[PDB]
**Q** 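Okay, handing you the structure first.
Per the PDB entry, chain A residues shown: 2-329, in order. We count ligands from 1, going down the list as the structure has it; atoms in each ligand are counted the same way. The deposited model was determined using X-ray crystallography, 2.2 Å.
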Amino acid sequence: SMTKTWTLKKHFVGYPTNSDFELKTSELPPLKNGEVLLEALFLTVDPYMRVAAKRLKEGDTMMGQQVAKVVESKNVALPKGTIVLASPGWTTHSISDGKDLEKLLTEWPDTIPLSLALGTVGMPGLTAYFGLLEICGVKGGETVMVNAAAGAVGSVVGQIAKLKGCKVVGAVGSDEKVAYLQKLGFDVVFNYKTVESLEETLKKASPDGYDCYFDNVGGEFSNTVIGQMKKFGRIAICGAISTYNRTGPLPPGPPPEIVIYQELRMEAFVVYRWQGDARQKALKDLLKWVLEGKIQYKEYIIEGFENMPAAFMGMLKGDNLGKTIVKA
Ligand SMILES: NC(=O)c1ccc[n+]([C@@H]2O[C@H](COP(=O)([O-])OP(=O)(O)OC[C@H]3O[C@@H](n4cnc5c(N)ncnc54)[C@H](OP(=O)(O)O)[C@@H]3O)[C@@H](O)[C@H]2O)c1
Ligand SMILES: O=C(c1ccc(OCCN2CCCCC2)cc1)c1c(-c2ccc(O)cc2)sc2cc(O)ccc12
Ligand SMILES: O=C(c1ccc(OCCN2CCCCC2)cc1)c1c(-c2ccc(O)cc2)sc2cc(O)ccc12
Ligand SMILES: [Cl-]
């Protein structure tokens, strides 16, 4: 039994490039009692990997989740053909004792892709759900500003906000994403790379300002949005992707006088905070919503484990519409 594994040859400087990654073919030992052999089906690439990769030693395996099928088993709880969520990192084949695996929701129908397990009915969906509903605390009738709005998390934020009856202003990096999100029904969508003035565009989009800011981007973009938050506005600090691949020091922070005078609340969160019943309910709500068409899905699928680095790099550079998935 062989595996293929993507390792970090060299720490990234700026954006990664191909020579930073190295693929190793490796032999797995046999199963011991109570272990299984997992075959990757779908693997995710995610922005957090750009940051978490800084903690690895050169030669280490890249971290990440996958949908896997059990192909050999000495574990009764896990027969062959069982589909699991697993986090062995970027590897085609792996050995588990079963304690680290997660079976899908029972009510998971065969009419949606298994890979939504890594997207809208998964971690990025949960991030959206908790960031917007608990961190921003959206009630109904609010104007929500969301950036990276065609991406895995932000696309879900916007749709959840719409179904709760909020006005949504979304920023994206391409005209293709603009048109996709308008078709979806977001109230205002613009391309932040081409508008003449971000400030003016944000003002035209919502003259009265913003109640909530679901921030995926940080940096200068956020400095500008902060200038148009309403008094007591709430910012969920979900991510800061404009800084993850940045070469120099960080950009200037936000103008303190504005943050103080507008009495802003800003809270960062990590999705893994919500566990047990709270998490299970969230997942069932997301699946429900997808089954009802209240949340549409789109995926950006890259074919072949050997292109996993390219899939990661393109997502960080904005290639993707919807969740970036690698099909094994
Ligand atoms: N628990 C947490 O707190 C948590 C969990 C998951 C994800 N996140 C964060 O959520 C954000 C979105 O994650 P995702 O998984 O849904 O990925 P994503 O939105 O599917 O993909 C990343 C998107 O980021 C945008 N982007 C990249 N560089 C940018 C820049 N300099 N300025 C503006 N936009 C830029 C690009 O879209 P554009 O074409 O629109 O530029 C790119 O498509 C990231 O900040 C991620 O770290 C946080
Ligand atoms: O805090 C996290 C983080 C926390 C837990 C994670 O879990 C990944 C492993 N996985 C979790 C559950 C299943 C088994 C393994 C991932 C990122 C994030 C960051 C961080 C900061 C400092 C650091 O040294 C490392 C990472 S950056 C980041 C961006 C995100 O979009 C999400 C989380 C994060
Ligand atoms: O990486 C983390 C993690 C990071 C920091 C944590 O605590 C930060 C400070 N810690 C607090 C207690 C005292 C020591 C320092 C806990 C988990 C993972 C999780 C986490 C859980 C809750 C939360 O709010 C944020 C993240 S869940 C998880 C699963 C993994 O396989 C690996 C990492 C993780
Ligand atoms: Cl897992």
**Q** Help me out: which of raloxifene, pemrametostat, sisunatovir is at ligand 2?
**A** raloxifene
**Q** Which chain contacts raloxifene (ligand 2) the most here, in the terms used by UniProt?
**A**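 It is most in contact with Prostaglandin reductase 1.
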**Q** Among residues of chain A listed in UniProt as binding NADP(+), which lie with some heavy atom under 4.0 Å from raloxifene (ligand 2)?
**A** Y245, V271
**Q** Among all the protein's non-hydrogen atoms, which is closest to atom 13 (C) of raloxifene (ligand 2), and how far away is it?
**A** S88 OG, 3.9 Å
**Q** Considering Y245, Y49, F270 one by one, which has a heavy atom nearer to atom 16 (C) of raloxifene (ligand 2) than any of the others?
**A**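 Among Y245, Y49, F270, the closest heavy atom to atom 16 (C) of raloxifene (ligand 2) belongs to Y49.
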**Q** Determine if the distance from atom 9 (C) of raloxifene (ligand 2) to the closest protein heavy atom is below 4.0 Å.
**A**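 No, no protein heavy atom sits under 4.0 Å from atom 9 (C) of raloxifene (ligand 2).
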**Q** Of all the non-hydrogen atoms in the protein, which one sits nearest to atom 1 (O) of raloxifene (ligand 2), and at what distance?
**A**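 Here the closest protein heavy atom is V271 CG2, 3.9 Å.
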**Q** Using protein heavy atoms only, decide if any is under 4.0 Å from atom 32 (C) of raloxifene (ligand 2).
**A**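 Yes.
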**Q** Please say whether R56 places an N or O atom under 3.5 Å from an N or O atom belonging to raloxifene (ligand 2).
**A**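 Yes - when backbone and side-chain N and O of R56 are compared with those of raloxifene (ligand 2), one distance drops under 3.5 Å.
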**Q** Given that the side chain starts at C-beta and the backbone is N, CA, C, O, which of these parts of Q66 lies under 4.0 Å from raloxifene (ligand 2), counting heavy atoms, or is it both or neither?
**A**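 Answer for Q66: neither.
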**Q** Tell me the nearest of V52, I242, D47 to atom 21 (C) of raloxifene (ligand 2), using heavy-atom distances.
**A**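 Of the listed residues, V52 has the closest heavy atom.
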**Q** Considering heavy atoms of the protein only, find what lies nearest to atom 12 (C) of raloxifene (ligand 2) and give residue, atom and distance to 0.1 Å.
**A** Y273 CE2, 3.6 Å
**Q** Which residues and nucleotides contact raloxifene (ligand 2) at a heavy-atom distance below 4.0 Å?
**A**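 The heavy-atom site around raloxifene (ligand 2) is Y49, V52, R56, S88, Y245, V271, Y273.
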